[PDB]
Trainee: 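Here's one more: a structure with chloramphenicol in it.
Residue numbers begin at 1 in each chain, while the letters A, B, ... track the order of the sequences. Not the full deposit; the contacts listed refer only to the portion displayed. Computed from heavy atoms alone, side chains included, the values below leave out hydrogens, waters and symmetry copies. In listed order, ligands and their atoms are each counted from 1.
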Amino acid sequence: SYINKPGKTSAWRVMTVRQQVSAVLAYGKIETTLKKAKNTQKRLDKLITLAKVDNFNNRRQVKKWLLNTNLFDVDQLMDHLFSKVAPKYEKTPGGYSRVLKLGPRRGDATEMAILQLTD
Amino acid sequence: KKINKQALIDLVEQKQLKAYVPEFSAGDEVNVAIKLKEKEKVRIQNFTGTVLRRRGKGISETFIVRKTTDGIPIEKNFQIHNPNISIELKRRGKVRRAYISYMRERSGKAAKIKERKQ
Amino acid sequence: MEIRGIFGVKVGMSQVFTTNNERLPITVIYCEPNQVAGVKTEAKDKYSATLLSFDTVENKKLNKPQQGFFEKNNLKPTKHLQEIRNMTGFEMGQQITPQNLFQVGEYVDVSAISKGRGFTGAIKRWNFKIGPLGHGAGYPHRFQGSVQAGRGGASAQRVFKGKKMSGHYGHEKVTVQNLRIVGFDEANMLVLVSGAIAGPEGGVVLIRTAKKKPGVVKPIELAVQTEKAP
Amino acid sequence: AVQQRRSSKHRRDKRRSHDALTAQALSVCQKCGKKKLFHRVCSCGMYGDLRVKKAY
Amino acid sequence: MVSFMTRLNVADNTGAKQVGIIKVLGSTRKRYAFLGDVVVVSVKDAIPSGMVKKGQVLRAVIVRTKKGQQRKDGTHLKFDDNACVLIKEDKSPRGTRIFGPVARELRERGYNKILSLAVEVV
RNA sequence: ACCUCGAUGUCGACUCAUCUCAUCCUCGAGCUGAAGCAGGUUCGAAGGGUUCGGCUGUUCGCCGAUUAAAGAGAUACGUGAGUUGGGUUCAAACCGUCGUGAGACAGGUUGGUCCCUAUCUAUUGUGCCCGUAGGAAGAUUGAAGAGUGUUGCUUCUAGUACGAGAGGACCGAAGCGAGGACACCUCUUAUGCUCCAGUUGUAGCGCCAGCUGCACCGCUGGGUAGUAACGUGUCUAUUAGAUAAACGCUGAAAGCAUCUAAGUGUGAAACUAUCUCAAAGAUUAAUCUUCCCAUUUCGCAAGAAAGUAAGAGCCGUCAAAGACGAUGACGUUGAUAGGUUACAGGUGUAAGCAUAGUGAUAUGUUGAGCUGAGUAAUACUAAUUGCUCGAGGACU
RNA sequence: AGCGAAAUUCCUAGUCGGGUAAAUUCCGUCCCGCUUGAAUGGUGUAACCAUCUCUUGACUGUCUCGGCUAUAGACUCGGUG
RNA sequence: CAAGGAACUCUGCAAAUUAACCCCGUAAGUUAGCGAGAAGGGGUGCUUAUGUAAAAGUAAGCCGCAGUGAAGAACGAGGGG
Ligand SMILES: O=C(N[C@H](CO)[C@H](O)c1ccc([N+](=O)[O-])cc1)C(Cl)Cl
Ligand SMILES: [K+]
Ligand SMILES: [Mg+2]
Ligand SMILES: [Mg+2]
Ligand SMILES: [Mg+2]
Ligand SMILES: [Mg+2]
Ligand SMILES: [Mg+2]
Ligand SMILES: [Mg+2]
Ligand SMILES: [Mg+2]
Ligand SMILES: [Mg+2]
Ligand SMILES: [Mg+2]
Ligand SMILES: [Mg+2]
Ligand SMILES: [Mg+2]
Ligand SMILES: [Mg+2]
Ligand SMILES: [Mg+2]
Ligand SMILES: [Mg+2]
Ligand SMILES: [Mg+2]
Ligand SMILES: [Mg+2]
Ligand SMILES: [Mg+2]
Ligand SMILES: [Mg+2]
Ligand SMILES: [Mg+2]
Ligand SMILES: [Mg+2]
Ligand SMILES: [Mg+2]
Ligand SMILES: [Mg+2]
Ligand SMILES: [Mg+2]
Ligand SMILES: [Mg+2]
Ligand SMILES: [Mg+2]
Ligand SMILES: [Mg+2]
Ligand SMILES: [Mg+2]
Ligand SMILES: [Mg+2]
Ligand SMILES: [Mg+2]
Ligand SMILES: [Mg+2]
Ligand SMILES: [Mg+2]
Ligand SMILES: [Mg+2]
Ligand SMILES: [Mg+2]
Ligand SMILES: [Mg+2]
Ligand SMILES: [Mg+2]
Ligand SMILES: [Mg+2]
Ligand SMILES: [Mg+2]
Ligand SMILES: [Mg+2]
Ligand SMILES: [Mg+2]
Ligand SMILES: [Mg+2]
Ligand SMILES: [Mg+2]
Ligand SMILES: [Mg+2]
Ligand SMILES: [Mg+2]
Ligand SMILES: [Mg+2]
Ligand SMILES: [Mg+2]
Ligand SMILES: [Mg+2]
Ligand SMILES: [Mg+2]
Ligand SMILES: [Mg+2]
Ligand SMILES: [Mg+2]
Ligand SMILES: [Mg+2]
Ligand SMILES: [Mg+2]
Ligand SMILES: [Mg+2]
Ligand SMILES: [Mg+2]
Ligand SMILES: [Mg+2]
Ligand SMILES: [Mg+2]
Ligand SMILES: [Mg+2]
Ligand SMILES: [Zn+2]
């Protein structure tokens, strides 16, 4: 068998986590698959904890993950994350995001999951 | 009843570690005195040469020394914390990596490492 | 014979340099003091064995039947129970450590559960040869090997029982014999055993007296580093 | 390879004997009462005591 | 680990520039030859003013290997080329001098003449 | 010419081997035109082993170098629903030869499509149900079994026994190996696609600097955990019993003799155990320990209505496990996973700034910064306050 | 005439030399060429060939000898079938 | 993919080496056209200055294991039918 689909390559995986992490930071909720939510949580938490000092080095580090969304660009998402979201989690010892399980999709039966920011 | 495996591993390694263990980077020339044992006595045989690598964490700390005799280059892997082995750093040199593999490819005037390091 | 046995948990593997100028790889085993939970006699049972208790745990993590047995026998609650054959000469309810059992450098054999590897093929399991890769080839490259014994009514016409094919590999008890004990650490309750021990780090391990060399003890002593400070 | 003999209607059911289904575990929501499958958010988006999503 | 039909250099004065292994002497299906091992070889590149001629089948012992071997203390000896010296039935070297360094593994398996005729042992 | 022409794929090679003994090596013994060493022949013995190459499609065969040995056969001259198609044997073309010819040749040469998703049985693994006569959780014995079993060199004994000499031991002991097997990743290596660093082109972040996407992971040098050998640990012993060939002691039938008939021995890598693994579905269903059942009424008792516990399962977090089941740890009375903190290992002095240089760039802050899985703490997040199954053991 | 163990030689793995540790293949030569041979042409020939055949340098997983990683399958779940 | 490098196989099948530009050098044979990109080698990055219409080049300096740093670019020699 040949001419197969490109597949869930490593580059595709990094882009998927990047896309989801930008959206959950913009809006605050993501409705994805459970196995995909369980992978974006690591990157989401890591980004938030490194963005607690708000120095220019941390902006360059965060910019390797954020992507343009509908509600914010790549430069106001920077301001939204570093001025609104991250300052809230100033003394929480990790665990800023929660993943909970919804029902199965009607057309796939895959287990859905909501990823949210725990206030 | 929590078991920190590394602490116990560190303790067994500490049973036979050495006190001084002088330091050297990748590109350094050292003099290693092997205390070879014959039927009787010891003949201190020197293996002065250039370091190529330093890997390991404890009793398993090893380093690579390269020498050239009669135009033939020979590389020899020593263990740092091994008895009857003495290491004496001679020249400290500048390299931009930890494993300088190209030294086993470059030879002659191009196999000389500039002094100084930080 | 006079078989002595102890249980411990493998924590990792290291090396030590020894006198006579040898570098000996060793395995490190954390050995809790084992408690003799039962003794079974030749006259009363038709065989002789000693059952000990080890790997102590709190009472709330143990099931009701087992904790009832432990409180009836007046023992420390432990979740692990196993016996060794032909182990005699120990009173019930006595703490046993390898220092009283084995010598400094005697030969012992060790049994442990091998590291699980799952469903492996014939080549990785039975050390079979791989078919040719070039010069023209076919769909089966990693072939197990023809299982034909005889075609026709006058011959077997069946694959013989116990054939060597793919299947489960790993997670199986295996014993390595004639391993020399290197050192004892009373304070840390830590036994040093030469060679490599099967099983993942943290699994259970049984150390027994070697049946090939029961009383043989080969001397071994470590090296003292004379390295003077600068 | 193909069956040289047809499989009857009895061997077929014997093989299907292991195709039976299992009833997924269900529980009761603690604020509205409808049955929901265990360890998952109900239809109102109210899991435990935390309002997760807006009501259906 | 020098193997069957491997071209390697000769570190002596005998007129042989390239030598090929024929059999790894010592047992049946002896896969490799490590330091100190004896092999049967054939001279393939020789010189006019040499004691050996091209095409002769002879017996040699290996002294150097690119792969190298590990000693008991843990030291790993590693050269950059496979080398052998031509020996006689009695185990005495055929050449009058030995070029380059030689290993110590020869000393256990006799070969006292090669070491004494070597430049420096390693 | 009995089966098969409504199809039984035919040489050789590769992989996997199994069986027989008419035994090539190893093991034991008798005889020798057997001094010793090395042989010859016969008997017993199938446990293991029985090499790599050159030429040929080759089997065969000759030759080369080793080995203790390079055994003889059978299994559809084993093995194409396992591989190959070099050979034979399609269509093409030529040579020699035959034929007036189209054409032909176990004469030669070049080229030339090898399909199938496994239903039953057989086998390697892993499960559900039920039984084992109350239920459940643990620990066992072992009926019937499976796996391994190869051997060389050096030293000593001892230049002793023997032998004019030359040469050169049996028995026994030690050391070092080859092949095979099991396990492991300290050491040496290979790999290590969300790790580090260097770096090219192009498109973006409005520009510099600094990053991102793509170009085999873009390329290159290293590399954590894991997986493996080319790596390093172990095994490939020993002993007992009954014996084959063989040798016996004591002894008659047959006053002698005689290994045998009674009695009593010796005796091999073969056999039965000792070694490793699995094993009570061993229905012939075994043994031991612990825990939980021991209600109110009606009538009908291995009866009813309700009513009583150990435990197990569903679900969730998982990995010492793993195709899926299962195995194992945990589920708030918790460190199971993620996150955080600290550290290890790895990479190799980060960005920014300052100095120097005309610039590329170097120097100092700086063993700095970064880091997938690794270590250990920390309930911050996810393992909810849930549901179901489950017991009084007939009588002799 | 030329050529000749040949895309031709049965005997034949013909003799000898070279190439290799070792050469039923290859190169040169020898000639009882069973049955070569001159326009169904004979003998040579520079260049050329997805032609055949043999030796060789570098090169490499073709192999000693197998091992690791990533995708798409296979495998599990839902739908068609 | 370490060491070996055709030991594999009917056969180096397949895979691997070389690969662009510039500068040196290039044999036997021949129908004198070729052989021939023969074979065999070297340099390539960035900065400054000099060079030009632009270059190419030249000189000095700097960095890296590696400078058509990634993509696309001929493996070769000898004998025979
Ligand atoms: O017909 C075939 N085989 C026939 C079956 O009748 C039979 O097995 C056969 C095989 C080989 C053979 N031969 O080598 O001459 C003759 C018949 C195959 Cl060619 Cl499909
Ligand atoms: K037929
Ligand atoms: Mg890509
Ligand atoms: Mg095909
Ligand atoms: Mg293929
Ligand atoms: Mg039959
Ligand atoms: Mg029959
Ligand atoms: Mg029906
Ligand atoms: Mg089914
Ligand atoms: Mg007939
Ligand atoms: Mg008839
Ligand atoms: Mg028939
Ligand atoms: Mg039919
Ligand atoms: Mg068929
Ligand atoms: Mg016989
Ligand atoms: Mg036996
Ligand atoms: Mg050849
Ligand atoms: Mg026949
Ligand atoms: Mg056949
Ligand atoms: Mg046969
Ligand atoms: Mg026949
Ligand atoms: Mg078949
Ligand atoms: Mg076949
Ligand atoms: Mg096929
Ligand atoms: Mg068939
Ligand atoms: Mg053919
Ligand atoms: Mg073909
Ligand atoms: Mg035709
Ligand atoms: Mg005619
Ligand atoms: Mg049975
Ligand atoms: Mg390690
Ligand atoms: Mg820029
Ligand atoms: Mg015996
Ligand atoms: Mg006996
Ligand atoms: Mg008598
Ligand atoms: Mg019955
Ligand atoms: Mg964890
Ligand atoms: Mg800096
Ligand atoms: Mg003539
Ligand atoms: Mg002529
Ligand atoms: Mg010919
Ligand atoms: Mg010849
Ligand atoms: Mg041919
Ligand atoms: Mg000829
Ligand atoms: Mg003619
Ligand atoms: Mg004429
Ligand atoms: Mg004519
Ligand atoms: Mg001609
Ligand atoms: Mg053509
Ligand atoms: Mg897919
Ligand atoms: Mg489906
Ligand atoms: Mg390689
Ligand atoms: Mg090489
Ligand atoms: Mg072959
Ligand atoms: Mg060959
Ligand atoms: Mg090709
Ligand atoms: Mg040419
Ligand atoms: Mg000719
Ligand atoms: Zn609700």
Trainee: Help me out: which ligand numbers or chain letters belong to chloramphenicol?
Mentor: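 It's found at ligand 1.
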Trainee: State which chain has the largest number of heavy-atom pairs within 4.5 Å of chloramphenicol, named as in the PDB entry.
Mentor: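 By the greatest number of contacts, it's 23S ribosomal RNA.
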Trainee: Around chloramphenicol, which other chains have a heavy atom under 4.0 Å away?
Mentor: F
Trainee: Okay, covalent or not for chloramphenicol? And if covalent, which residue and atom?
Mentor: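 The covalent link is not modeled.
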Trainee: Mind telling me which species the deposit lists for RNA chain F?
Mentor: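 The entry lists the organism as Mycoplasmoides pneumoniae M129.
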